[PDB]
> 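Our group is looking at a structure that contains tislelizumab; some questions.
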Amino acid sequence: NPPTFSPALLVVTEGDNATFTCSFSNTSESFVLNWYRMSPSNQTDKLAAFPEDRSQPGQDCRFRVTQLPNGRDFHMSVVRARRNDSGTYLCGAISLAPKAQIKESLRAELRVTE
Amino acid sequence: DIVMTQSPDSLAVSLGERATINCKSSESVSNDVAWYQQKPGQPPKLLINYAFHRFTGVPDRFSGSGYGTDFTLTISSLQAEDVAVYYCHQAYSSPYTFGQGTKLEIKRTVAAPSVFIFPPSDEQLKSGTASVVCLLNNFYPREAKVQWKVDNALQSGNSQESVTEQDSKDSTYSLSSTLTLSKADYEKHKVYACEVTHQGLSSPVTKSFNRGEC
Amino acid sequence: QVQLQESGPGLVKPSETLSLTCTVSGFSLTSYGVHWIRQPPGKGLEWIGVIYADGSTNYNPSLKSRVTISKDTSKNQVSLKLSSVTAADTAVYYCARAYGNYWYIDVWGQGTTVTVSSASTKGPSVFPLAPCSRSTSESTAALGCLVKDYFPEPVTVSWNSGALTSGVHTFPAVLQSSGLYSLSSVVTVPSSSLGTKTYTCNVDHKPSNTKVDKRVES
Ligand SMILES: *[C@@H]1O[C@H](CO)[C@@H](O)[C@H](O)[C@H]1NC(C)=O
Ligand SMILES: *[C@@H]1O[C@H](CO)[C@@H](O)[C@H](O)[C@H]1NC(C)=O
Ligand SMILES: *[C@@H]1O[C@H](CO)[C@@H](O)[C@H](O)[C@H]1NC(C)=O
């Protein structure tokens with residue numbers, strides 16, 4: 001019962017806003033989402049979390065994650081996307097249940113051109 | 001500030017078994033905790049990031065879990081090359097503090113030491129001090145008794161021991177005992193014997209050499 | 001090849017200002033933050049400070065105002081300066097890279113060890129360790145070399161310039177009654193290989209700029 005990250009690939013042109021959708025089986029209703037960017041060497045970078053944690057070391061208004069009123073899914077948006085931003089992105093859900101697993105979604109690609 | 005406390009301080013588990021180290025935070029930290037291993041003399045190397053993610057390139061037997069205040073590093077089938085010290089580190093609020101470290105030593109089968117003795121070098125006796133050295137190679141467990149005898153006069157307190165860390169190939173120790181004397185005291189006598197007792201030997205082992213007969 | 005190498009004085013006298021540099025290869029300091037971390041002997045890791053990508057700094061409050069972290073991107077260099085040092089500051093200092101937004105420390109330098117002492121530097125003397133009785137019936141032979149009476153740490157010992165590493169044990173340095181350090185480095189070889197191969201141990205000691213290759217054959 002892991003989350004799913006869509007679309008498999010979206011392209012935007014050196015600016016504007018690019019948004020992905022991550023959907024999850026919100027059973028417990030007491031959990032956290034992380035939004036990661038995986039480097040070409042399979043190294044991961046944590047871009048955001050819902051709910052938000054701290055804006056000190058992790059300061060970047062570029063990546064917003066917002067919850068939609070339906071509850072099942074969430075929007076992962078990069079605002080005004082620089083060409084540095086193009087890369088492979090992934091979703092991750094964690095449930096605070098005593099096992100505290102991290103259910104993990106699939107890759108998704110993002111391009112920026114024009 | 002924020003204090004990370006690891007449990008236990010040291011930990012001895014046999015090969016192939018599972019090893020767990022726990023780390024708890026005073027203030028809640030939301031999954032910004034990384035696990036690093038560090039062996040003596042080399043820098044720490046990253047094992048787990050984001051409390052759960054296995055870093056790129058680190059073996060599959062390392063896993064992390066936990067969130068908020070309780071976190072666990074778990075090595076599934078522990079093998080010899082994992083003897084090290086393990087540190088949790090929070091990147092949540094400055095100062096970004098570390099755990100105190102947990103030394104993970106491994107429990108092994110009994111192994112008897114190979115014993116050697118070296119007389120003082122000829123270039124060292126001119127300088128006016130003679131150090132005769134006794135070496136114990138590849139033994140386990142760590143407890144071993146080395147005794148110096150000069151013409152069956154047992155030296156009490158002019159020697160020092162030093163022990164390597166557990167070898168990351170075969171999980172044994174090695175120990176070196178240096179007996180220091182003045183040059184006159186050294187060429188005043190004729191027989192030097194290092195005698196070592198360890199659980200892997202049926203009887204104490206004595207290795208010796210005669211003065212100047214080299 | 002993401003690399004950090006530290007450099008700095010191996011000996012500083014108390015109340016001096018201690019300066020270390022970290023040269024970087026494989027990334028630019030504009031995009032990554034660099035942390036300085038510290039480790040006293042046998043003690044744990046202590047976080048010293050960080051210089052972020054932009055350039056804003058952040059330090060550990062226990063170092064109330066004695067610490068200053070700067071960087072020069074043109075040289076790919078990060079510099080740490082700590083003022084009014086005491087013997088509480090002798091430790092190994094690592095520089096390390098912080099990776100990603102919501103960061104973690106991924107790549108560490110090799111760390112350089114700094115000793116705070118009014119005492120004077122002294123280089124080691126290295127002596128060969130070979131068995132008195134040349135082996136006869138002994139299947140395995142052990143050689144070594146004793147590095148004695150040096151200060152401060154650390155002393156590096158290789159065998160045959162790194163060509164012989166398997167089965168080498170260099171013991172941790174132990175402190176003598178003189179206040180000086182002394183260690184020994186041994187190697188185990190098959191005794192058939194004693195008459196054919198020459199074994200030279202390569203010791204060097206940085207604070208005193210001492211380099212020695214000692215023959216072991218007796
Ligand atoms: C892009 O994202 C931010 C926040 O959602 C918003 O201020 C901006 O107007 C968005 N849309 C456009 C078209 O800029
Ligand atoms: C998860 O589910 C609950 C209902 O089960 C819903 O009200 C909530 O919006 C979802 N997420 C959170 C943050 O509670
Ligand atoms: C990309 O380069 C760096 C980070 O990769 C950043 O400072 C710059 O603003 C970005 N923008 C463009 C258009 O390259």
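A, B, ... follow the sequence lines: proteins, then strands. Residue 1 opens every chain.
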> Mind telling me which chains or ligands belong to tislelizumab?
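Every copy is at chains B and C.
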> Looking at contacts alone, what is the main macromolecule next to tislelizumab, by its name in UniProt?
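Most heavy-atom pairs under 4.5 Å are with Programmed cell death protein 1.
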> I'm curious about the epitope of tislelizumab on chain A - which residues have a heavy atom under 4.5 Å from it?
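Under 4.5 Å between heavy atoms: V32(A), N34(A), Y36(A), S39(A), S41(A), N42(A), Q43(A), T44(A), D45(A), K46(A), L47(A), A48(A), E52(A), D53(A), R54(A), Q56(A), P57(A), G58(A), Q59(A), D60(A), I94(A), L96(A), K99(A), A100(A), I102(A).
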> Report the paratope of tislelizumab for chain A using a heavy-atom cut-off of 4.5 Å.
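At the heavy-atom cut-off, it's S30(B), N31(B), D32(B), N49(B), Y50(B), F52(B), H53(B), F55(B), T56(B), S65(B), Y67(B), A91(B), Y92(B), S93(B), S94(B), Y96(B), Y52(C), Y99(C), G100(C), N101(C), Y102(C), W103(C), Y104(C), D106(C).
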> Per UniProt domain annotation, where in chain A do most residues contacting tislelizumab sit?
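The UniProt domain in question is Ig-like V-type.
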